[PDB]
S.K.: 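Examining a structure with azosemide at the moment.
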Amino acid sequence: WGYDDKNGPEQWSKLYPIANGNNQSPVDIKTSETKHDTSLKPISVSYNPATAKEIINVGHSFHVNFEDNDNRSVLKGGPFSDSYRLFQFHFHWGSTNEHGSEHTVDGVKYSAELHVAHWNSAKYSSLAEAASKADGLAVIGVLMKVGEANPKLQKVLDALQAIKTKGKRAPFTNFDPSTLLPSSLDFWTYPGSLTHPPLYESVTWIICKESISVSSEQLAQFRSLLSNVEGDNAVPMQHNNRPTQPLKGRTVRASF
Ligand SMILES: NS(=O)(=O)c1cc(-c2nnn[nH]2)c(NCc2cccs2)cc1Cl
Ligand SMILES: [Zn+2]
């Protein structure tokens, strides 16, 4: 699976027919159609930098994975009664600065998007159990607007040189990804899906109102990762953002 013409978002529905389901992600958030929900509590994140484990080139992207054997690193609040356990963060980007976010806001496309992913450790005992459950996953999305270089990305960007080709992996330790979140945690929430196969409709999306910055040159560092395995002809990871999907009657709630 990838973002090419023959393995990309338009091809996913042949093995994953949920791609055409009613709770698919990402979406365009129309702010005139959001419903302010008074019952939404503030997002609370409390992550232990010691849970940072590994950075991996997965061919179409890179993932930073976390130790998830215990509740050292948790998300609570917002729409949730259950505590969610941090397990990964990653980014999405586009071929040029003009697009690359997954979510849009009032049709506006940003240059990239951060995803911070968690699984419901109150109700389930593993990511594998949680992955397919309607209440199983919680992902914070942060829209990334091209502009000033973001110094909080530095450890992540410095690590990429050790995972240049598909399947390379390296230790990635002592990192608290709450340092990447915007200063305001005002958010939108809706019920949706993984944005990559297998596209399970198991994700409660938390989309931050406030963007964070990224430079043109930092985006170029993402696009210079290689989708090929070592020794093959180099094939840059140009883009990995899924198009926005129909809301199909879902309501986006606003904390603000
Ligand atoms: N983009 S996203 O909706 O945040 C997302 C994307 C992926 C992905 N992207 N590439 N490969 N996997 C993912 N992988 C881990 C899994 C969890 C459960 C089953 S597989 C988890 C999340 Cl939440
Ligand atoms: Zn993602």
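Numbering of residues begins at 1 and proceeds along the displayed sequence. Hydrogens, waters and symmetry mates are skipped; everything else that's a heavy atom, side chains included, is used. Whatever order the structure lists them in is the order used to number ligands and atoms, beginning at 1.
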S.K.: Across the whole structure, where does one find azosemide?
M.R.: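 Counting all copies, it's at ligand 1.
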S.K.: Name the main binding partner of azosemide here according to the PDB entry.
M.R.: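 The chain with most contacts is Carbonic anhydrase 1.
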S.K.: List the residues forming the binding site of azosemide, heavy atoms under 4.0 Å.
M.R.: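 With non-hydrogen atoms counted, the site is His60, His63, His90, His92, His115, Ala117, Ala131, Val139, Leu194, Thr195, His196, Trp205.
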S.K.: Source organism for chain A according to the entry?
M.R.: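 By the entry, the source is Homo sapiens.
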S.K.: Do any UniProt Zn(2+)-binding residues in chain A place a non-hydrogen atom less than 4.0 Å from azosemide, and if so, which?
M.R.: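 Within heavy-atom range of azosemide, the UniProt set gives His60, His63, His90, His92, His115, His196.
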S.K.: Looking at the neighbours of azosemide, which other ligands or ions sit under 4.0 Å away?
M.R.: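 Nearby: ligand 2 (zinc ion).
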S.K.: Within a distance of under 4.0 Å, is there any protein heavy atom near atom 16 (C) of azosemide?
M.R.: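 Looking at atom 16 (C) of azosemide, one finds that no protein heavy atom lies closer than 4.0 Å.
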S.K.: Counting only nitrogen or oxygen atoms and a 3.5 angstrom limit, does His60 reach azosemide?
M.R.: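 Between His60 and azosemide, an N or O pair is found under 3.5 Å apart.
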S.K.: Help me out - I need the UniProt domain of chain A that holds most residues contacting azosemide.
M.R.: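 Those residues are mainly in the UniProt domain Alpha-carbonic anhydrase.
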S.K.: I need the atoms of azosemide closer than 4.0 Å to a non-hydrogen atom of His92, numbered in the order shown.
M.R.: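 Contacts of azosemide toward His92, numbered from 1: 1 (N).
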S.K.: Would you mind pulling out the UniProt substrate-binding residues of chain A that have any heavy atom less than 4.0 Å from azosemide?
M.R.: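 Among UniProt's substrate binders, a heavy atom under 4.0 Å is found in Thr195, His196.
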S.K.: Mark up the atoms of azosemide that fall under 4.0 Å of a heavy atom belonging to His90, in ascending order.
M.R.: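 Those of azosemide that fall under 4.0 Å from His90 are 1 (N), 2 (S), 4 (O), 5 (C), 6 (C).
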S.K.: Give yes if a backbone or side-chain nitrogen or oxygen of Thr195 is under 3.5 Å from a nitrogen or oxygen of azosemide, and no if not.
M.R.: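 For azosemide, there is an N or O atom that lies under 3.5 Å from one belonging to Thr195.
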S.K.: At a 4.0 Å threshold, what atoms of azosemide neighbour a non-hydrogen atom of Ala131?
M.R.: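 Those qualifying, in numeric order: 18 (C), 19 (C).
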S.K.: Which one of the active-site residues that UniProt assigns to chain A is nearest azosemide, with the shortest heavy-atom distance given to 1 Å?
M.R.: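 Rounded to 1 Å on heavy atoms, the nearest UniProt active-site residue is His60, 3 Å.
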